[PDB]
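Every chain is numbered from 1 and lettered A, B, ... according to where its sequence line falls, protein lines coming before strand lines. First listed ligand is number 1; within each ligand, the first listed atom is number 1. Atom set for the values below is all heavy atoms of this structure, side chains included, hydrogens, waters and symmetry mates excluded.
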Amino acid sequence: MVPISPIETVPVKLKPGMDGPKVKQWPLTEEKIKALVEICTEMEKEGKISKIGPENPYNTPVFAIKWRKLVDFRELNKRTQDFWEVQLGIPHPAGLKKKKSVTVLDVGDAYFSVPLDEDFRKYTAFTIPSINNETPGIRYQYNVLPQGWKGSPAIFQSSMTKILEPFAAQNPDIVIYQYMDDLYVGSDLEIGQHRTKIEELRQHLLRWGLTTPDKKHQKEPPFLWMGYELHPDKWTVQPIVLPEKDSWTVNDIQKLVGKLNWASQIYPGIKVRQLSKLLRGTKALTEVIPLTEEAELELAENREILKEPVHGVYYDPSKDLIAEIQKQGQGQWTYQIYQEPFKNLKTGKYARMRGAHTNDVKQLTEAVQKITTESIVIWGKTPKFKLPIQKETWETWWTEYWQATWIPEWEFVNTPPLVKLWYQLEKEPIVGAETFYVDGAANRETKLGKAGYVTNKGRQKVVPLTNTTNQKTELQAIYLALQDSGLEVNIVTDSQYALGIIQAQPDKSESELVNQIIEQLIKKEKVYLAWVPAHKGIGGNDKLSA
Amino acid sequence: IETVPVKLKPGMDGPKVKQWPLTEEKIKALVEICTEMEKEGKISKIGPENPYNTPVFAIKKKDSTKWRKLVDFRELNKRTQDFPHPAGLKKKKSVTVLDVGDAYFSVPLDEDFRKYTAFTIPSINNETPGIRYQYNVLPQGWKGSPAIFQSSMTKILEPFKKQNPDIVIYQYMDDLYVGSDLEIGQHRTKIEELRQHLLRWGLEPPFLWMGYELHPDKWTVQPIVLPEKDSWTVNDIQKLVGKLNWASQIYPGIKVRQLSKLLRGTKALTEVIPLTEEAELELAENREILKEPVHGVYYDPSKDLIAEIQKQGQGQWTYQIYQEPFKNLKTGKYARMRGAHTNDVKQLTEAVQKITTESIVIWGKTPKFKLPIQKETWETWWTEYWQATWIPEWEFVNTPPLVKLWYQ
Ligand SMILES: Cc1cc(/C=C/C#N)cc(C)c1Nc1ccnc(Nc2ccc(C#N)cc2)n1
């Protein structure tokens, strides 16, 4: 016999303060018991399990399903420590490199060469009930990682990785990836050299006594993997089929958006705003919902985008990454990442964050940071950006914005709609322009208020208001001054609230009043807004609070 | 050589912090560094039984081209168990900061605590399993390291201190701050003398040769100033009354009554208003008040320091450090922000580091920052510009402060 290297066992513990499972075995039919006895006899022969004495106090229930055996480790799993889970972050196909050959090796039997920590085995005990309950049940414990046990996937993967590391390291011309009970081995080598590498891998695995089926694997490119199709020189998502329907249900829409979101990583321009709007606030999965005319258009547009297959290419590390962004409207943004024109590695989208006020430049900036971070993950570097914003526009924005902000290396691409600044406040008071002193106030109980202004030219206005608040009346006062002034105007307010909003430079708002103010600002040539503290005897600036 | 028992705080588990995305160049640097550290026995590979994690990245210290590993132990430090600041340091004419963090690797780490120092070197696109390590020795950046190494550092430094009794030596984490009053040429030779005095003990440190020079005596008080003008417009006076109203939260006896009475009527903003006698006197009296220190200002070591920063434009930044609102312990202004003339975030990152350095020197701890930046923007870039071996805490300001106008 040829000595083989043992697989290092991983030491396993229960969670602090917790003991092992003591769960009652369910009764079973005479038929099920006989089935389990034979199954376990074979497993015992294979060395997977061992009979134990009556001293062990732990138990986990076992079932027979139409026979096959099912050990229900739910209780033990609750009591087992947390492990490092390596698979949490999965590779994105757009980050993969193209390969001439990809071979699949079945390593399903290797899984049972992984021994379970000796000290933990006692916690895996289970009992086959005896026929008619006239004798003690047959007791067994696992010697190998049990299917369904919490630690098995992490320990299996770590054990396989440890075995594969030296092979990968000494053979850098190949890539190795594990998924389920299979190894995928890719390379760009001449087919003879590549097949030689596979046989060498098989010889390497043999050192741990791990055997692989001589008969070739049935799985071959293209591979169906994690919702993708992988081909030797391209990738895509598995077929996206949007159903035909006369009526849509909460659940239907959730499933629709999910497919569209999934599709959006390679199909350019997918939109989900109007469809997602239908899900606002309510989560009754059976509630039918009528589609808005806007939602019907969005869906129609998406069907057209999805009418035929689109594929992405793989990553070429010897070339730059380029990211291009377009504004789609209603807070929606779409992008493409490519190295060569017309050959996307992937696509995607970004949506405006929930909030009171916003502007296009802020949104563009956010989309850029999202794409940057995604690109670090997938390719380990930032892409060169192509953005629908003029260089001069960006400079004006960031130099004058009250926050620190940054966008990495980028160039203007002239494809409408362009992102622009819609208004710019003066830094100094305007000579020759009328000065409007504005104010508003409301009564908290009756919600009645007033808004108005007085100017250096003697112009005055007070408007009585209903169903209002101090903050709304302060904005209304500014609105009135904008409405009633010429193209250049100085405005004096005591509203810290109003100052906080405009200094955020919104171009769109959830407040129609703010939107009205923005529309007015856009029409002005020059606007200087000055703040003063309230109730300090300042001229012009309140009594008219009556 | 014998390990100090170390524990986490009661009823608290180890850190489980996600590794953030790393650039290719930082991954390759870390693979190279950790491979060597592993050969030296400083770190060891770990298995899946260890579920803890702390983020890691790599930087280049100021004026260098050699990558330095930096572990973000902020979470572990909060979870670690607890183990007099020299007021003279901030008064020295020159302070050189040394990176002595390498020294910690000479002390083994408590076998039972090592698991909590787990970290991961990720792969691009997660194509290969992340490389998992834990520390076998005191790690750089861990608050337990200076505490455990303290008895050893004092012994190493004794002969140098004896022979140089006027030198102030202060350790913060991986930094050694060495302060003296003097001429610089001689200063640099004491630092070098110090170096050699340490090298001896070692027998090599990659960054010990480096010197970061400060001059804290040149640092000082930045007070509130009011304009001196011959012609005041309505706008000028409104701005002045605004600033004084704000200052009245810091200074009791500030008055604006007589000045506000100039703002009577409804005048064009650019119209010139002559000051009345009553208004000038009030203004003069306010000036005098602002020349005095703020009342009831004290440092308490049991409370957090808070640092606020404002972007003032044209590469200028203002900041304040306080524990209680309106009771500033320090204020300052930076007008250079070198190397970031077209990069706000790099400028802010340098300001954060400079302010933290001032804080360490003065109080021996780092402040909690209120940063004028969106979280996503900061989180995406700050590690590109970071050059210090410590990391403070921060939060983000989303609403523009009016106070910006008062520190201009
Ligand atoms: C992550 C990954 C998943 C599968 C997934 C297997 C499954 N199911 C197979 C392999 C080999 C890999 N690993 C890598 C690593 C680097 N480049 C590539 N490129 C690459 C992979 C597959 C095809 C094809 N056809 C072409 C190129 N794959």
Return the drug name for ligand 1. rilpivirine
For rilpivirine in this structure, which bound macromolecule has the most atom pairs within 4.5 Å, going by the PDB entry? HIV-1 reverse transcriptase, p66 subunit
Just wondering, which other chains does a 4.0 Å heavy-atom cut-off pick up around rilpivirine? A, B
Heavy atom of the protein closest to atom 22 (C) of rilpivirine (residue, atom name, distance): A:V102 CG2, 4.1 Å
Please list the nearest protein heavy atom to atom 23 (C) of rilpivirine with its residue and the distance rounded to 0.1 Å. A:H231 O, 3.6 Å
Heavy-atom gap A:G186 to rilpivirine smaller than 4.0 Å: no
If the cut-off is 4.0 Å to any non-hydrogen atom of B:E127, which atoms of rilpivirine fall inside it? 16 (C)
Measure the distance from atom 21 (C) of rilpivirine to every protein heavy atom, then report the residue, atom name and distance (to 0.1 Å) of the closest one. A:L96 CD1, 4.1 Å
Any idea which protein heavy atom is nearest atom 5 (C) of rilpivirine, and the distance to it? A:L230 CD1, 3.6 Å
Any idea what name the entry gives to chain B? HIV-1 reverse transcriptase, p51 subunit
Atom 9 (C) of rilpivirine - nearest protein heavy atom and its distance: A:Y184 CB, 3.7 Å
Of the protein's non-hydrogen atoms, which lies at the shortest distance from atom 12 (C) of rilpivirine, and what is that distance? A:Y177 CB, 3.4 Å
Nearest to atom 17 (N) of rilpivirine by heavy atom, A:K97, A:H92, A:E220: which? A:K97
Binding site of rilpivirine: which residues fall under 4.0 Å, heavy atoms only? A:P91, A:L96, A:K97, A:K99, A:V102, A:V175, A:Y177, A:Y184, A:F223, A:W225, A:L230, A:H231, A:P232, A:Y314, B:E127
